[PDB]
S.K.: 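Entry of interest: Beta-lactamase complexed with relebactam (bound form).
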Amino acid sequence: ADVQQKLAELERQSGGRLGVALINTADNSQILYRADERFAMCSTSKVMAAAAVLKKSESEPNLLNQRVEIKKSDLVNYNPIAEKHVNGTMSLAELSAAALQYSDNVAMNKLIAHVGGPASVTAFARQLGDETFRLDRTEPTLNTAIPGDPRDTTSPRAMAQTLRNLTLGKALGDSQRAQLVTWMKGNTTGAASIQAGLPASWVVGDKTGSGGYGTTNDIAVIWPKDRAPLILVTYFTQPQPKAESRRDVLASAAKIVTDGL
Ligand SMILES: *C(=O)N1C[C@H](NOS(=O)(=O)O)CC[C@H]1C(=O)NC1CCNCC1
């Protein structure tokens with residue numbers, strides 16, 4: 001009751017639309033707020049694309065080592081790693097790390113292409129039991145985040161359940177699950193989001209995202225000190241097309257739902 005009041009208050013103060021799903025694996029409980037509404041995933045969709053590559057790699061031992069050309073024609077609007085490798089190759093492992101840890105959009109496009117495109121990433125989600133996730137577009141257009149548009153969306157509940165499966169459950173084989181967790185724990189982009197609302201000592205693997213309409217997102221697996229892990233999804237979007245990001249709202253949401261733990 002208190003936690004719900006606090007999230008509603010945060011949403012009202014923020015001026016936007018907030019979606020939260022926490023799974024506490026200590027007691028199999030959840031805290032949900034707009035958790036069945038759709039939100040544009042933006043760069044948080046990179047987790048599903050990397051996971052689809054990892055799944056493919058379970059039957060293809062040379063896949064992660066496969067060399068992918070980086071051409072000028074591959075550049076899109078946010079390319080911090082790929083721009084340093086133009087006219088050379090990167091491995092699919094290197095592209096996965098760049099997508100997850102630096103949120104490189106070229107890297108995301110190569111992951112998408114090498115599993116068969118957005119509909120293939122979506123079919124992977126369906127195979128895991130996630131009916132909600134939909135990846136419709138490639139980078140950079142998947143980040144438009146127009147209100148009412150279902151393209152490139154999921155719900156907080158669906159993404160929390162799927163992230164649990166990927167990182168703590170059995171969607172991926174032992175090697176592949178460990179690799180995803182390693183990659184997410186090495187994320188460099190998330191300190192202002194969920195992590196900013198948790199104690200300094202807690203360990204986090206997360207993936208942020210942002211896009212049109214001031215969309216500001218984070219999805220995380222969290223290891224609190226001496227406690228079972230948590231899964232937290234915080235999605236946020238705003239009414240104005242050119243709204244600025246609100247990473248503080250995600251931090252505030254994280255603090256609200258973990259207070260006590
Ligand atoms: C993901 O949401 N992206 C790519 C990159 N991610 O930053 S983080 O917040 O994921 O670490 C920057 C924001 C976002 C993105 O691609 N935004 C678009 C860039 C190209 N023009 C439209 C916005």
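Numbers here simply count residues along the sequence, with the first being 1. In each ligand, atom 1 is the first atom listed, and ligand 1 is the first ligand listed. Recorded method for this deposit: X-ray crystallography, 1.1 Å.
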S.K.: Which neighbouring residues and nucleotides define the binding site of relebactam (bound form, ligand 1) at 4.0 Å (non-hydrogen atoms)?
M.R.: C42, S43, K46, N77, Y78, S103, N105, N143, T189, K207, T208, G209, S210
S.K.: Which atoms from relebactam (bound form, ligand 1) have a heavy atom of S43 less than 4.0 Å away?
M.R.: 1 (C), 2 (O), 3 (N), 4 (C), 5 (C), 6 (N), 10 (O), 14 (C)
S.K.: For atom 23 (C) of relebactam (bound form, ligand 1), what is the closest protein heavy atom, and at what distance to 0.1 Å?
M.R.: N143 CB, 4.6 Å
S.K.: Decide whether an N or O pair under 3.5 Å exists between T44 and relebactam (bound form, ligand 1).
M.R.: no
S.K.: Enumerate the atoms of relebactam (bound form, ligand 1) whose separation from the nearest heavy atom of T208 is less than 4.0 angstrom.
M.R.: 8 (S), 9 (O), 10 (O), 11 (O)
S.K.: Could you identify the single nearest non-hydrogen protein atom to atom 14 (C) of relebactam (bound form, ligand 1) and state the distance to 0.1 Å?
M.R.: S210 O, 3.2 Å
S.K.: Does any N or O of relebactam (bound form, ligand 1) fall below 3.5 Å from an N or O anywhere on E139, backbone included?
M.R.: no
S.K.: Can you confirm whether some protein heavy atom lies under 4.0 Å from atom 4 (C) of relebactam (bound form, ligand 1), or whether none does?
M.R.: yes
S.K.: Would you mind checking which non-hydrogen protein atom is closest to atom 21 (N) of relebactam (bound form, ligand 1), with the distance to 0.1 Å?
M.R.: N77 OD1, 3.1 Å
S.K.: I keep going back and forth on this: is there a covalent bond to relebactam (bound form, ligand 1) in the model? If so, which residue and atom?
M.R.: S43 OG
S.K.: Does any N or O of relebactam (bound form, ligand 1) fall below 3.5 Å from an N or O anywhere on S103, backbone included?
M.R.: yes
S.K.: Would you mind running through relebactam (bound form, ligand 1) and noting each atom that sits below 4.0 Å from a heavy atom of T189?
M.R.: 11 (O)
S.K.: Within a distance under 4.0 Å of any heavy atom of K207, pick out the atoms of relebactam (bound form, ligand 1) and give their elements.
M.R.: 10 (O)
S.K.: Considering non-hydrogen atoms of the protein only, which is the closest contact for atom 16 (O) of relebactam (bound form, ligand 1), and what is the distance?
M.R.: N105 ND2, 2.8 Å
S.K.: Only heavy atoms of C42, strictly under 4.0 Å: list the atoms of relebactam (bound form, ligand 1) that pass.
M.R.: 2 (O)
S.K.: The entry lists a source organism for chain A; which one?
M.R.: Klebsiella pneumoniae
S.K.: I'd like to check whether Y78 has a polar contact with relebactam (bound form, ligand 1), where a contact means an N/O of the residue lying under 3.5 Å from an N/O of the ligand.
M.R.: no
